[PDB]
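To keep things clear, I will list the structure first and then write my remarks on it.
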Amino acid sequence: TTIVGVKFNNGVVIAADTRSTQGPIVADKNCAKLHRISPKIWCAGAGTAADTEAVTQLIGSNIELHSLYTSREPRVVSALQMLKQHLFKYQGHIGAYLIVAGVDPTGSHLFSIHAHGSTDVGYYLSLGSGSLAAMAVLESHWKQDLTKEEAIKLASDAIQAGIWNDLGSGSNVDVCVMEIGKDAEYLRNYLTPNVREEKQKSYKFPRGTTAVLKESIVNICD
Amino acid sequence: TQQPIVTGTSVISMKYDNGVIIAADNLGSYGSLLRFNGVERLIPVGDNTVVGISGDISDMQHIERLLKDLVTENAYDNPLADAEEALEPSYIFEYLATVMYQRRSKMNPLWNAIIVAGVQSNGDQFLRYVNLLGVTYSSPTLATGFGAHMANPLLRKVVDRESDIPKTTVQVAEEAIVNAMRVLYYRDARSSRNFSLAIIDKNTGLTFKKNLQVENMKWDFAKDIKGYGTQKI
Amino acid sequence: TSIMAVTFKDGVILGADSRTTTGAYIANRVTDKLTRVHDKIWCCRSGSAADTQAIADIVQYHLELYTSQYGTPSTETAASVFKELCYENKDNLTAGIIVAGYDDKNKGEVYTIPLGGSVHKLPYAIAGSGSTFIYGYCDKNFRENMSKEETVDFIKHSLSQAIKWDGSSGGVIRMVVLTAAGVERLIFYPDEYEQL
Amino acid sequence: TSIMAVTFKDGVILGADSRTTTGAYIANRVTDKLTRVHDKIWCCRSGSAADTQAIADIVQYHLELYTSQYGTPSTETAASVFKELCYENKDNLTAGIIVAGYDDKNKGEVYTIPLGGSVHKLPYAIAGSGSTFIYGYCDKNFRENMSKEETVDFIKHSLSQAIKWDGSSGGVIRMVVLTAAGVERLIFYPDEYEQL
Amino acid sequence: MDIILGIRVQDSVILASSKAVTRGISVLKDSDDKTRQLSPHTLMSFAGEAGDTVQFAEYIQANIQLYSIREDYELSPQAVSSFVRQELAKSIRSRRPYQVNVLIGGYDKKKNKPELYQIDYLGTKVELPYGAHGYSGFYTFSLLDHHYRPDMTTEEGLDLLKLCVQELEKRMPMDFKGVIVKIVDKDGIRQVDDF
Amino acid sequence: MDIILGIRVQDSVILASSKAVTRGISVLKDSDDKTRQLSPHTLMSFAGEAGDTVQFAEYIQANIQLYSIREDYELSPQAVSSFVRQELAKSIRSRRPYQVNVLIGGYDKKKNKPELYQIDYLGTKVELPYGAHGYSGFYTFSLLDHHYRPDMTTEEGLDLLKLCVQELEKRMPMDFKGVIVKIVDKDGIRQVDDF
Amino acid sequence: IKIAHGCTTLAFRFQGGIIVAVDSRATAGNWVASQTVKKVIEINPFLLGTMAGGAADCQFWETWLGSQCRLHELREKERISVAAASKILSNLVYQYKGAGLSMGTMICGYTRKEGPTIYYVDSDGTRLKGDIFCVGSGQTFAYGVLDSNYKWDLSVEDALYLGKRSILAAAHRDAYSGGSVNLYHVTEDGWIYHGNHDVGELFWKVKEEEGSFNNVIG
Amino acid sequence: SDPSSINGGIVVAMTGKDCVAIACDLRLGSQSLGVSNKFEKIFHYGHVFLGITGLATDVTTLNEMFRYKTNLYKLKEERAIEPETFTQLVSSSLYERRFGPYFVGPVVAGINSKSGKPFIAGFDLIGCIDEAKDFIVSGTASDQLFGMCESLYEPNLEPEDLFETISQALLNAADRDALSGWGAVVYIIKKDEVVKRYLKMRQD
Amino acid sequence: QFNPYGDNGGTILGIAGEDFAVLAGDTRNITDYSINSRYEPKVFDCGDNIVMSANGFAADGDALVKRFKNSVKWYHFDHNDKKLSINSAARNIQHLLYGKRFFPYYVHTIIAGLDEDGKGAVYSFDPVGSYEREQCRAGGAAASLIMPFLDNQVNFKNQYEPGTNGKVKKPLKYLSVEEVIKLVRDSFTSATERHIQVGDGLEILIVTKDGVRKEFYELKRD
Ligand SMILES: *[C@@](C)(CO)[C@](*)(O)[C@H](CC(C)C)NC(=O)[C@H](Cc1ccccc1)NC(=O)[C@H](CC(C)C)NC(=O)[C@H](CCc1ccccc1)NC(=O)CN1CCOCC1
Ligand SMILES: *[C@@](C)(CO)[C@](*)(O)[C@H](CC(C)C)NC(=O)[C@H](Cc1ccccc1)NC(=O)[C@H](CC(C)C)NC(=O)[C@H](CCc1ccccc1)NC(=O)CN1CCOCC1
Ligand SMILES: *[C@@](C)(CO)[C@](*)(O)[C@H](CC(C)C)NC(=O)[C@H](Cc1ccccc1)NC(=O)[C@H](CC(C)C)NC(=O)[C@H](CCc1ccccc1)NC(=O)CN1CCOCC1
Ligand SMILES: [Cl-]
Ligand SMILES: [Cl-]
Ligand SMILES: [Mg+2]
Ligand SMILES: [Mg+2]
Ligand SMILES: [Mg+2]
Ligand SMILES: [Mg+2]
């Protein structure tokens with residue numbers, strides 16, 4: 001994976017590629033790595049695919065119950081604290097590397113969590129196999145006082161660096177923008193720069209090509 | 001079977017319209033200790049080739065001596081040693097590439113990653129990589145160590161394929177290299193601020209720049225970063 | 001890491017670099033290793049980022065609960081809570097912590113807690129990978145009852161050398177001043193400290 | 001070991017402790033790690049006692065045979081012979097050697113040869129287990145073109161700290177002065193240097 | 001423990017199980033019956049780790065016999081095989097798993113059909129016309145593929161089985177001291193005394 | 001390779017050697033003669049690592065045959081056994097030693113006495129009334145201790161040998177496919193075809 | 001990478017000479033590298049060798065054997081014996097013992113002085129003369145069919161089928177055997193090739209005509 | 001001793017125009033030894049189909065487990081479970097055994113009875129969901145199946161055409177895998193009819 | 001400890017027609033998750049209408065090609081400029097590979113050209129020299145993906161004549177150079193989608209009696 005997070009004027013934006021690997025094989029060419037913890041707290045995930053999904057859903061569930069219990073919108077630090085303490089308890093065996101971001105009554109926030117439970121604060125962050133390709137772009141082009149449109153551009157450029165230069169990353173760019181005082185907009189497949197070219201030939205077989213031994217109607221009804 | 005002791009980090013390089021640029025910092029690390037600071041890891045051979053070497057420094061110095069001796073040997077009984085029968089980058093590379101693979105095949109490698117940058121006699125740019133395994137490859141941008149992971153992505157935004165080379169000037173190319181060196185200083189724990197840069201142009205020839213420093217760095221935003229999540233002070 | 005804490009006339013000052021590493025990659029170049037466990041009791045963190053954070057969070061919780069019942073805790077008390085965690089979980093922890101605080105009675109105090117979990121009260125303390133390179137310098141240059149400006153210069157010069165030689169240390173030099181006046185944060189950038 | 005060599009105005013001075021260890025036992029507390037390979041070319045020995053002696057003996061032989069044919073060798077030449085042995089036999093050697101000598105043309109020169117077998121010409125050099133603790137101190141306090149007395153104080157203070165912190169270093173501080181005047185041996189005992 | 005075979009024919013299931021018990025360089029016994037009657041019309045043979053085999057077999061036997069008494073009814077071979085599979089399927093993820101492989105030969109009285117089930121120590125169940133565990137299969141399966149017919153009689157099955165034992169006795173490295181053969185049919189379980 | 005035995009009686013030496021050749025889970029051959037005639041009145045059986053056994057046996061055979069031609073004279077069993085021991089004694093400290101154990105049965109024509117020598121792969125020679133290599137000894141030695149007499153006839157020796165093979169066939173784990181028996185006496189070497 | 005390890009091969013003596021039968025599959029783990037591998041090396045017009053274990057080791061050294069046999073008959077003005085030919089190979093691999101060669105082979109021939117002769121040769125130095133041999137991952141399956149049906153007085157037609165059927169038996173059960181069956185018949189005047197037989201088509205053909213494999217639905 | 005490749009086997013699922021197809025081989029072996037040519041790897045709970053590759057004992061166990069859970073689901077919900085919901089149930093159940101997992105590669109296939117939308121999904125052994133428009137592959141010849149499917153597949157295939165594509169994908173993939181084959185089954189699934197076809201393939 | 005081998009990834013493919021033969025291979029060179037070159041050719045014209053590729057560890061691949069090219073040169077010197085036939089070249093390569101049996105060239109070698117009857121020929125080698133002539137062979141990282149597709153489309157495996165009850169097979173026939181290139185291009189675009197080490201570019205070398213022609217095609221760069 002490649003995943004990033006970039007702070008801007010009135011909020012925060014996160015982005016991710018959409019490649020899912022199994023050894024050297026691309027298992028999913030368009031998987032979703034951006035996860036909704038709460039309506040305005042979103043999470044980019046790298047590492048063990050099941051773990052990033054499971055841990056983000058569990059904390060997201062507990063956050064929802066907490067929000068209902070306290071009659072308050074949930075805070076990013078709550079998700080951060082709950083995620084890190086869970087991961088730390090499992091001593092890195094839950095291989096989830098997360099970029100946590102969102103807006104809450106306190107303001108806009110951007111954090112990263114590693115599998116062993118350490119957290120980091122920053123204006124721009126990147127995680128995953130293609131984090132070095134992404135971070136190179138971020139270190140080259142990031143500045144203070146970014147606008148919304150500038151932060152999206154910088155974030156998607158950082159993902160692209162990973163897509164092209166890292167074999168662990170590829171396909172499309174997903175983005176989620178979390179601005180203060182507005183609804184969070186999830187931009188699924190924000191960029192699709194890896195469209196498959198038309199095949200040279202149709203491999204539609206003549207009907208009857210496959211040799212058949214038996215046929216039978218299967219009963220699905222009661 | 002070796003283990004590298006005193007080591008040099010990334011060597012980065014790229015092609016541009018009239019020639020090639022190569023750069024490497026002046027550090028000789030001893031593990032985590034940043035032991036030696038006056039180490040030159042770019043070594044010119046003649047006025048048309050520069051060999052950039054990373055990895056073990058004792059083995060680098062051995063390669064220096066081999067190249068120095070190669071120039072001497074080429075001059076013997078050679079009236080055209082400073083003309084038609086001068087050492088080409090391709091000759092120098094192939095020689096090293098032969099040595100690297102022979103040494104890996106004897107299970108006693110020269111623990112290095114080498115990039116040979118230069119300009120051929122016909123004006124063609126030469127840029128090719130070789131390492132301890134005898135593995136070779138060529139590309140519009142080449143980098144070793146961390147440079148491969150961080151520099152190449154940045155340099156490939158300038159020259160992504162062959163057709164981008166005539167479109168890239170020496171000003172633009174040098175800017176990208178110097179920028180890459182800054183990024184490596186931010187992010188490579190075995191890098192130094194001081195570095196050397198070399199340009200081999202088909203018109204202006206070899207320009208060797210020493211004692212360069214990374215500058216125009218962004219550190220101010222650090223003051224705003226407090227704690228690791230919940231801390232406010 | 002390179003970290004240190006130094007007592008002086010008016011109180012105590014904590015100092016640290018800002019480098020976090022994964023092998024030879026710098027995961028974070030602007031890390032804050034100086035962290036608050038109480039109003040005027042802070043600590044310097046070296047070793048595992050995860051372990052030291054987990055520990056510091058627990059200590060902050062303990063000292064907050066202490067304060068609710070028994071009022072402000074001593075710097076010694078804070079160091080004891082750190083020790084208890086580090087000692088009892090020594091098999092599963094990689095944390096080298098320096099505890100530093102300001103009482104009005106006891107003035108500036110510094111306690112260092114190495115890997116084993118042992119406690120050592122000192123006039124000043126140094127720790128982290130880069131501290132090895134400045135034992136000589138710090139021992140020769142440390143004086144008791146220094147002024148604020150002298151202590152800031154002592155830490156700045158010391159960590160500058162630690163950073164210069166240790167690849168595992170770098171970035172900015174953060175500092176936190178603990179006195180009767182209050183809590184002051186200081187930062188010093190490469191362009192200043194490198195050419196000292 | 002803790003060893004160093006420092007160039008100055010009149011020439012060069014080599015310095016060393018006198019501790020040889022087997023684990024934590026001190027096999028010899030009065031060792032002479034400063035050894036002559038030629039009249040005014042000496043070396044500091046760190047690492048294996050057996051390897052460094054074997055190497056030094058071979059170098060002395062080579063330089064004696066050089067002198068019989070081609071006259072007095074340069075300090076660079078001596079360092080090249082050390083390198084050749086250390087580099088070509090890197091797999092079977094544990095030797096960290098500092099070569100130091102005095103020419104009349106080239107004045108004082110210092111070459112350091114670490115484990116790999118690489119050569120590094122420097123104004124001054126430090127090496128051995130205890131050198132880690134004085135990188136900070138030595139960098140801050142070294143100046144070029146020092147006087148004899150200043151250079152002796154620099155080495156004495158430096159090795160004093162190295163000894164103080166390194167368990168693998170101790171005993172007396174031996175020194176050898178190389179100038180146009182000749183060769184002078186110096187010794188400094190614990191009672192003097194410890195309380196510096 | 002080594003050789004256990006099974007052949008389901010038209011009207012019966014035949015189980016052949018080696019008589020040898022070897023420990024180290026000594027054949028301690030040459031008349032060992034590697035089977036337990038789970039119910040009047042259900043027989044289970046077994047092979048694997050020493051101790052585990054008998055301990056498991058008797059544990060299953062007890063459980064099935066307990067069921068029989070409680071319900072005054074005989075469980076079908078399919079039902080017994082599923083119970084056995086589940087026990088092994090639990091076992092494999094235990095602290096110390098049962099390293100036992102079994103064949104379950106039974107005659108279903110409701111269906112009037114013989115049934116042969118092969119279950120390994122992992123809990124891998126398969127219904128087969130002929131089965132084997134261990135290295136035995138490597139010789140017999142190909143031999144049975146060739147000579148086996150689904151409409152064979154019990155006598156034809158015994159001749160087919162003799163052909164397998166002969167091949168094993170020729171090409172197997174170890175002396176397994178012959179086999180005890182048992183037949184499971186509509187009339188229950190009986191042993192062939194002369195083989 | 002596994003079972004090789006030897007019995008020296010009054011007027012002859014009898015060698016019994018298993019016929020099986022096993023590789024993996026397959027008995028590749030059941031009629032293998034694990035012996036070579038070194039000279040008209042000297043026979044060597046062998047057992048050990050595959051390939052090494054035959055390669056060593058034939059190498060010794062060649063050397064003894066070369067000696068016979070050169071001197072037009074047959075070496076004594078004692079002399080041959082010493083030559084064989086030395087070859088193995090060299091071998092054990094080589095880069096790749098011969099892992100071969102041998103029995104040397106011979107009839108000394110000058111002494112008019114049968115002689116049995118046991119030599120292992122290390123080069124450890126002993127003259128014995130009866131010998132064995134491998135696990136065979138663990139059963140036979142005690143049996144021979146009891147029943148063996150020094151003045152036995154060749155026919156009494158063969159009966160004693162049958163008693164050993166029967167015991168091995170009963171208690172040995174592996175099927176060694178019987179033995180080839182050979183007799184060495186004043187009239188030379190001959191094979192017992194029905195055993 | 002892993003290198004090719006194509007196996008089921010057999011060879012048996014009978015009245016009409018020798019039958020040699022092999023499968024065609026070569027594998028690298030679970031991956032089927034080739035279904036069309038030639039596992040019978042035609043050493044020369046009179047000698048055959050079988051391929052099991054290391055594909056390269058068997059190929060390289062059995063063509064090398066054909067060179068040594070040719071040099072023998074040039075110098076001795078006479079056909080090389082099967083005994084001699086097999087021993088040239090077994091002595092060679094014995095020199096390489098320990099180095100890691102992997103070979104299970106049948107050297108098959110028919111000469112005047114010997115008649116039909118088969119020698120099993122092994123990379124650990126074993127050299128065995130015999131009437132029936134079966135080598136490979138599916139050898140046990142092929143043995144079962146061979147042992148129950150073998151007689152010395154088989155016809156050339158029936159012997160050829162028995163060899164074909166024994167490979168089929170192994171190709172079915174053994175996962176690492178299959179592809180196709182290659183048949184050879186060795187006579188005194190040389191070997192005669194009896195075609196390539198795809199197992200996919202041969203299985204259904206045999207099932208119907210023979211009535212066997214009732215366990216499988218067709 | 002690699003649980004996922006002891007028994008061997010493969011499953012593949014595809015989508016078409018208003019239909020889905022799921023197919024599997026019939027082999028069950030013990031490494032090199034082929035043991036059964038009748039071992040079906042596709043099961044169904046109502047109109048939701050589940051294929052499972054990997055360690056056979058777990059394939060059996062999980063089938064029995066999802067039958068168990070879908071039966072209780074139906075009794076309480078008073079309706080058949082849908083593919084989307086079942087997919088989540090499979091994921092939950094697998095991740096429950098995170099640090100002691102079933103060694104399997106399950107594949108869900110079916111048509112949602114309310115919307116009529118074709119649905120397929122794959123999982124890793126610890127329950128990570130892999131949803132796909134086109135196709136899902138699983139088993140010891142997954143690499144082969146990926147290669148076959150990626151080249152042969154095209155969108156919006158009619159049930160009869162889709163049958164040919166999925167069958168050829170499975171067959172040719174299986175023939176390049178030693179531990180797969182020995183017969184094959186293909187399920188063609190339309191909105192309210194399901195056809196099951198046994199394929200003729202090489203038996204080696 | 002020093003490991004003398006490495007994996008440079010990539011994948012190659014050889015197909016033989018009636019009067020022609022193609023040897024294709026992607027132009028991507030990698031180590032771990034990094035791209036070294038997007039255009040590093042590994043299919044070479046070796047003279048005498050022989051094209052060759054040694055995919056796997058590039059250092060060993062380049063050494064082998066270099067040695068074979070040299071073998072072709074010395075074959076001309078020693079045998080009066082005789083043309084090296086594809087079968088003779090194959091046997092020669094076996095000896096090159098097996099020469100290093102106990103320290104192998106970690107490469108899957110494929111050569112292509114025309115046999116002495118003028119017909120298309122492809123030979124494939126394992127790392128230690130076992131070789132075989134075939135109509136069809138894929139080699140390298142994505143060989144497991146491409147090869148079964150080739151069985152189906154080149155050799156018409158598992159394809160029966162419609163309506164013949166799976167009794168009559170689809171008849172074998174030679175493919176045209178146009179049809180073969182279509183299969184090559186589709187094989188590589190498919191492999192690029194699902195294998196991370198395959199992409200960037202595709203270089204095909206076509207061998208007819210007229211000589212050796214080249215064709216290049218872009219591949220996805222992610
Ligand atoms: C980039 C793309 C990594 O290169 C990203 O970091 C993504 C994160 C996204 C998907 C959220 N990571 C992956 O795609 C991740 C890479 C990976 C692989 C293995 C360990 C850690 C990370 N891939 C996966 O997690 C896949 C998800 C599949 C394709 C749906 N899962 C696997 O590869 C699992 C590994 C599961 C696992 C178990 C125990 C510890 C750690 C991980 N492997 C298998 O399924 C392989 N095998 C199948 C046969 O049965 C045995 C298991
Ligand atoms: C200096 C750097 C050293 O003393 C300082 O002490 C700082 C302290 C600050 C950050 C509070 N220490 C580190 O930066 C610390 C160094 C370290 C590493 C391992 C054990 C102890 C100390 N770095 C970390 O803890 C990083 C921070 C992450 C990247 C945010 N974590 C890792 O490097 C993890 C730690 C896993 C671990 C191992 C052993 C004990 C505890 C935790 N390691 C990896 O992810 C492994 N990595 C995989 C990629 O290949 C390189 C190795
Ligand atoms: C300081 C101490 C470290 O840098 C100095 O460098 C000095 C250099 C001077 C003496 C020239 N170094 C030592 O004193 C050196 C330390 C050392 C040890 C091992 C390897 C490298 C360096 N000490 C020695 O060489 C002693 C001197 C003997 C006692 C006179 N030798 C040993 O300790 C031997 C060495 C064996 C050896 C191991 C590996 C490489 C080379 C040589 N070790 C033992 O006898 C083992 N001993 C057995 C009793 O239990 C404790 C271990
Ligand atoms: Cl931190
Ligand atoms: Cl000494
Ligand atoms: Mg030594
Ligand atoms: Mg001391
Ligand atoms: Mg098979
Ligand atoms: Mg990429």
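The sequence lines fix the lettering, A, B, ..., with proteins before strands; numbering per chain opens at 1. Partial entry shown, contacts counted within. Determination method: X-ray crystallography, 2.9 Å. Values below: every heavy atom of this structure, side chains too, minus hydrogens, waters and symmetry copies. Ligands are counted one by one from 1 in listed order, and the atoms in each one are counted from 1 as well.
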- Query: What drug do the PDB records list at ligand 1?
  - Reply: carfilzomib (bound form)
- Give the name from UniProt for the chain that makes the most contacts with carfilzomib (bound form, ligand 1). Proteasome subunit beta type-2
- Query: What are the letters of the other chains having a heavy atom under 4.0 Å from carfilzomib (bound form, ligand 1)?
  - Reply: A, H
- Message: Help me out: what name goes with chain H in this entry?
- Response: Proteasome subunit beta type-3
- Item | carfilzomib (bound form, ligand 1) to chain A UniProt active site: nearest residue, heavy-atom distance | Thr1(A), 1 Å
- Which covalent bond, if any, links carfilzomib (bound form, ligand 1) to the chain, stated as residue and atom? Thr1(A) OG1
- Query: Binding site of carfilzomib (bound form, ligand 1): which residues fall under 4.0 Å, heavy atoms only?
  - Reply: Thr1(A), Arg19(A), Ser20(A), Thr21(A), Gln22(A), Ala27(A), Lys33(A), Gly45(A), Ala46(A), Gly47(A), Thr48(A), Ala49(A), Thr52(A), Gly168(A), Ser4(H), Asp124(H), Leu125(H), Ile126(H), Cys128(H)
